[PDB]
2 protein chains.
Amino acid sequence: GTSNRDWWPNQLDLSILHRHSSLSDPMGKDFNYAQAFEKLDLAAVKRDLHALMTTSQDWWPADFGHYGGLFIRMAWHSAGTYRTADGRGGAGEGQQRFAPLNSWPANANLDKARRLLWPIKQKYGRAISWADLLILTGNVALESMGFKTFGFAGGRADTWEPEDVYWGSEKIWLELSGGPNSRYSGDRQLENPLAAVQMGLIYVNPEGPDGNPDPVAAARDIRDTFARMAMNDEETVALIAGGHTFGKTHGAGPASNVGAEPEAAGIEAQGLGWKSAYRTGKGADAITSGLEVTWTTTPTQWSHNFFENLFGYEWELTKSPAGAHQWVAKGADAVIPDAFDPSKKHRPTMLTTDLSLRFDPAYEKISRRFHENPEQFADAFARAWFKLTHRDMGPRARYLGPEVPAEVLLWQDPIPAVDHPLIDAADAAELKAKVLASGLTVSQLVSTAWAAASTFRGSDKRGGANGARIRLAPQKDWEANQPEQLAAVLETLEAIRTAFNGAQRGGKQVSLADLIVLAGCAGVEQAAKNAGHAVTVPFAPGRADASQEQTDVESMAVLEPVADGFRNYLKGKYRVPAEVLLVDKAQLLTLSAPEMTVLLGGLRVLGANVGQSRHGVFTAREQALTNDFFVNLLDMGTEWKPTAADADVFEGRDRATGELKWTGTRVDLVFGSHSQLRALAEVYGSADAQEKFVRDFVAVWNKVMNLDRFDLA
Amino acid sequence: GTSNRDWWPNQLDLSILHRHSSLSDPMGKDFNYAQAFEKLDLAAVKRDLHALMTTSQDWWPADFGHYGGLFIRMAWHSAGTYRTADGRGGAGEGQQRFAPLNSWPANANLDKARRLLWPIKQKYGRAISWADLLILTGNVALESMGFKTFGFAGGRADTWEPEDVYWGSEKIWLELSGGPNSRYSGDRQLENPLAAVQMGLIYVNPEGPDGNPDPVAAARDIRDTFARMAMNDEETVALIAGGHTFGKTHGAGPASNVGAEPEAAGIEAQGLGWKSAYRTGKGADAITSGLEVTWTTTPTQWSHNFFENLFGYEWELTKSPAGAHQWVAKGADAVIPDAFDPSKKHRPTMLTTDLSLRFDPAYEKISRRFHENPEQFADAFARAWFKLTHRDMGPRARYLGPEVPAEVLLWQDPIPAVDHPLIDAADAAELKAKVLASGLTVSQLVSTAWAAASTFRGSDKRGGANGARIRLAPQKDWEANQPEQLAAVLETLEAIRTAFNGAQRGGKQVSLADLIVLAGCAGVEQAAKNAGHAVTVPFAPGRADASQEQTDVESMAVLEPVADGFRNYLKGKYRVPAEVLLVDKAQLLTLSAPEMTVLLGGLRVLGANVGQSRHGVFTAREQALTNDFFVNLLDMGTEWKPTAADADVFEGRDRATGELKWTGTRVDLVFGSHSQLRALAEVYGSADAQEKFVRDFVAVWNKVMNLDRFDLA
Ligand code: HEM
Ligand code: HEM
Ligand SMILES: NNC(=O)c1ccncc1
Ligand SMILES: NNC(=O)c1ccncc1
Ligand SMILES: NNC(=O)c1ccncc1
Ligand SMILES: NNC(=O)c1ccncc1
Ligand SMILES: [Cl-]
Ligand SMILES: [Cl-]
Ligand code: NA
Ligand code: NA
């Protein structure tokens, strides 16, 4: 069947905004996963998972009699798709169970691991999500094998369809770099927002870069990709050596024995894939990656034997039975147990990427410290495993259950507890009138609140106005935030706050985070009044102010908005057209196409553009909240043409006289071009729509102001 | 960006069930278009439209000073995508304004037409849909030019994204037959459900079949495609000759001067396309189809000149200025006016497809009668135009406004008005107890009600249980309906009804349509009781019984369910896999994927399969409403393989013993294979889900029973 994507492969795709509707969700619209989870008997779940670890099923027999290694790799892969650049990927939505992740080559035979867990999922039903179960299972594995975890939080609600994520442009699984859709350019520079070296891998190629078995060069790829997953050198060494303390790889025969991935298999495979014609197809004959390595002498128990081996032997390049490059210990005795035959033993083996931990000079120092002090190793691995598996969960307010750790970690962008009474509606009214009396304009108040709140991204639930981090490094100096204007606004609001707080009793006070948002609300109310409309913008207090010491400046860098179509901003010239970047930002904000449209049209006429650009400001009453953007955009009396200076800027001229009326960007004009967006613009540009436009704008403004407010969930 | 449809281009696409969510719709979920329309001043809209007819805009000047012909073509195209095979296409959702129809080659320059209507649309806002406006505009064009219409109904609610319709598999616009994705096989047999001869055309090629200018051969294509749009020979002649009484074609220069269609044009084109480099690009220089034909001596007035010309001259094959085949009248004077220059006249011209009306022997007889009796032509064209433009609107209950014709037409599948008191809840309880005391089984009650109600399709709103057409020809004889079983059920119900109605006073009675549905509800209640659940199923009375003379047997043929996965039925072996047909049927039923899933799993255990097939009947308590389908389907204790006898039937065997436990079709096993469907099955196969399953099943049952109940809207 030929589709619109086939005929117009470069048109903008809006379906990405319209996923996760109540149509596709089988749970009631009233279902609240947090409340279901809070009544789960988590201890009972963990006992069943503990019993599972050593209950081998004949359709996928457990190596060494223990599924622990399999499940730790399963949880690691669930979390390991995360990219700091956009927050997309991670374990938080249980997306391993859907396309394309369920069928990535690097996920081969994790379909078996998930199926092992069905009986437990079936038993507990809606009170534990797949997403939470995958993580919990990896924790129980580690515990059952003698490793003390740092903690676990529930609260990952299941999703019911695949996410639309850019995983790369290659058309061939595992394609080596330098092809027509190369994710690499220059000196091995990986394109943003990607965090893997090849399409269908998690981080790196276990044989080495593009299959070249050089541990030194492999270390560069490890460092790059792990950094793009928010992990530093210590964390990376802890994780890889920690994971590879357990279990084994599977490469018993040639890879050409392995059939179709789950999404391509026949109907009879019932959602499983990679069916293998090599010998029994499973167990001792398993083929997963094509590598055949077993790292330690006790693969089913926590130990420090990974480093004892890595440092205690010299390593020789060899090939598995499938032909993959891997390494074996020179001169060693057969000390590693076999997974099925207790009368066979093997020499120690390693992957190229394991040897990176010894042959890269910065890794080596950490690996040596962890070898000499395995208690330091254990603690670093526990902390890193917690971070790995929770990095996309969002604020601590979303963490559920009895195993949540009490230690607050810097990477959580923590927000202090509120320890005083909050402002009420009459105080809010009083503050809004003081803000308006100070002389701050609609444009300044709207712009500042939009800057503070619009750092939120629903992908990993980081960012938003809670914390008042806009006043801190590095937000206060971002070019999109207009640092000089911002500093002057913030100083006026801080003086209002100090005067309000100093006049109170009872210990009531207002945070600056709350006041920035409330001042934005006042701005919107005043804009509506300027157009002849009386509205109240809803406001919910309770935000708190974070300190600079509770804010990791480097980790905050990925939230910098380099493209923000809502403020008509583009920090430089990109390969991706600006309208595509708009839709991308809208998806991170959790906005539908109607919400995006109304929000943008309102922000234009309120003066939210960076630098006070007149691009898209299609009104003669700036700072009044009207539907003028839409009415003027859609006026066929105006003709539009790209400028000589810039193909990305357009002049709108009177068709009859040639007089210049307006200028706009691709982000402004896409609303009069794209057939679905123009149909939305028409609704808000109609003669009956001014009241609807105001009401819808206020509702979307309030939604953005509240995006991080999980303390009110 | 590589997507899941790139990697797995044959996987089933569920997004078609999850279109038209409240996420993409800008109107509130409380918006009710019928109520808005009811307040429209329709008379005022018609005055504005009359004014527009001769208000020429310089960017697309009106031929002859009058846009009437352009608008008639616009409305005809809006309606003309309709296919009786699936009811998809038609004017009823205003889809001409979205991709791909906004950019079909046959819709060239109708983007100009729609843009001329923007000021009117803007003025009246939500109180007139685009969908209604396009048709109303065609009506007003006809009236402005002297032709009295049969009437008009409002009520086509706008839609807000493109529909997912199969328009064909060709990858080239207008591709000629016999390519790699040919829509034709055998002796020029057009594949179902298509109703056009080439990708991007409405019905046929105006130059003749595959561009060969043979009017007799063209007539065969006209007849076949018009029949696939629900039109007979008389209606077809009346429509083509009536349309081509007005206006002209556009082919002033070579087609290579015409640029990108709207979905491919640059953003500065603001939603318009086909910009032409030929002279001024417009008006006298316009290029639309490439043909250059003006049919009558008065193109802006209703006349009898079409047939006078067709019969009064002999025709010679010639070429337009763009190179297209067309016909000119031999020996004629220059009697046809020019559209822009009062000192130019032209000879009569015709399309190949106009000459079909004279040289096909069956059309010739009609054309002659219309020539000799122009009042019969007029009346035929008025009735046909009404039909063309309302064929997809559904029951008369959905027709709004003051110009609805009072005459009831056969093609509307009319249902008599109810003129007596309806049954109340006490009566309903009494009838259900009688049905249950008669000996009818769960399986019979469920199957008969399902058969009655599941003929509905939302694409054109035909079908459903209202009218009790299941008792009439041809529904009573469909193999999917099990004619012998059905006849025995219906005779028992008719005896129940006759005894109930004979005992009443005050004129109360129950229709057979209502009793079929009510008996189906009793069967569901009984099934729930069989499983230990106390469930009352909602029922709404008010259906009426249509007669045989109100039921066109030929028009009913397209509702015959040749694939109904809900009853595990397939009438023959088709090239489209059966799970694709299941999703297609779900879409016509208006079901989401969770609704499809719950409905199918329950029907399987209630005994709704055709012929009492055991395929997918994964329970040992048939006729009890349980979630057994899901629990057994997902049991990993069973392994599945296609049978040797048949690749489309599967055997499920105990993994450990090899013993056969179940059989299933592709439709059954898809629920355990497709990763999204299996995630839904898991929710209903969980240990906490038995009550959920029963309740969701009842809700979806009721939804299907009420699909055609526009009398209660
Ligand atoms: C440079 C990063 C990494 C590379 C290239 C990598 C590579 C692989 C490969 C190729 C396999 C074999 C798959 C198979 O044949 O069954 C595997 C197994 C495994 N990996 Fe990793 N790994 C990495 C990091 C991690 C991390 C961070 C963890 C967890 C903390 C992890 C835990 C495991 C475990 C437990 C297994 C054994 C699975 C089993 O017993 O079935 N790995 N690794
Ligand atoms: C066999 C069926 C038909 C064929 C092949 C066909 C073909 C066409 C073609 C090629 C054009 C020229 C487009 C252009 O260059 O501007 C056209 C114009 C037109 N057709 Fe048809 N036609 C069909 C049936 C209909 C029907 C059923 C109606 C309406 C009842 C209709 C009404 C019109 C009108 C009014 C125009 C003139 C447009 C103008 O003045 O801009 N046609 N037809
Ligand atoms: N822990 N990572 C893996 O299992 C893997 C990595 C690369 N190819 C196959 C499997
Ligand atoms: N691909 N996923 C995201 O963009 C996203 C997910 C959940 N909420 C907002 C954005
Ligand atoms: N009325 N049908 C059309 O205008 C058409 C058919 C084929 N090519 C262009 C236009
Ligand atoms: N393609 N459009 C349809 O199939 C449809 C439209 C409205 N309700 C059900 C189905
Ligand atoms: Cl994601
Ligand atoms: Cl459609
Ligand atoms: Na994420
Ligand atoms: Na339709």
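Chain naming is simple here: A for the first sequence line, B for the second, and so on down. Going by the PDB entry, the residues shown for chain A are 36-748, listed in order. Quick note: numbers on chain B are straight from the PDB entry, i.e. 36-748, in order. Counting starts at 1 for both ligands and their atoms, following the listed order. Quick check of the header: X-ray crystallography, 1.9 Å.
Among methamphetamine, isoniazid, phosphonoformic acid, the compound found at ligand 3 is isoniazid. Most-contacted chain for isoniazid (ligand 3) in this structure, per UniProt: Catalase-peroxidase. Those other chains that come under 4.0 Å from isoniazid (ligand 3), heavy atoms only, are A. Binding site of isoniazid (ligand 3) at 4.0 Å, heavy atoms: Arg108(A), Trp111(A), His112(A), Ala141(A), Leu236(A), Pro241(A), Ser324(A). Per the entry, the organism of origin for chain A is Burkholderia pseudomallei (strain 1710b). Shortest contact from atom 10 (C) of isoniazid (ligand 3) to any protein heavy atom: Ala141(A) O, 3.5 Å.
Among all protein heavy atoms, the one lying closest to atom 7 (C) of isoniazid (ligand 3) is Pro241(A) CD, 3.7 Å. Shortest contact from atom 4 (O) of isoniazid (ligand 3) to any protein heavy atom: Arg108(A) NE, 2.7 Å. With a cut-off of 4.0 Å around isoniazid (ligand 3), the other ligands and ions picked up are ligand 1 (protoporphyrin IX containing FE).
Lab note: nearest UniProt active-site residue of chain A to isoniazid (ligand 3), heavy atoms, 1 Å precision, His112(A), 3 Å.
Among protein heavy atoms, atom 2 (N) of isoniazid (ligand 3) sits closest to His112(A) NE2, 2.6 Å.
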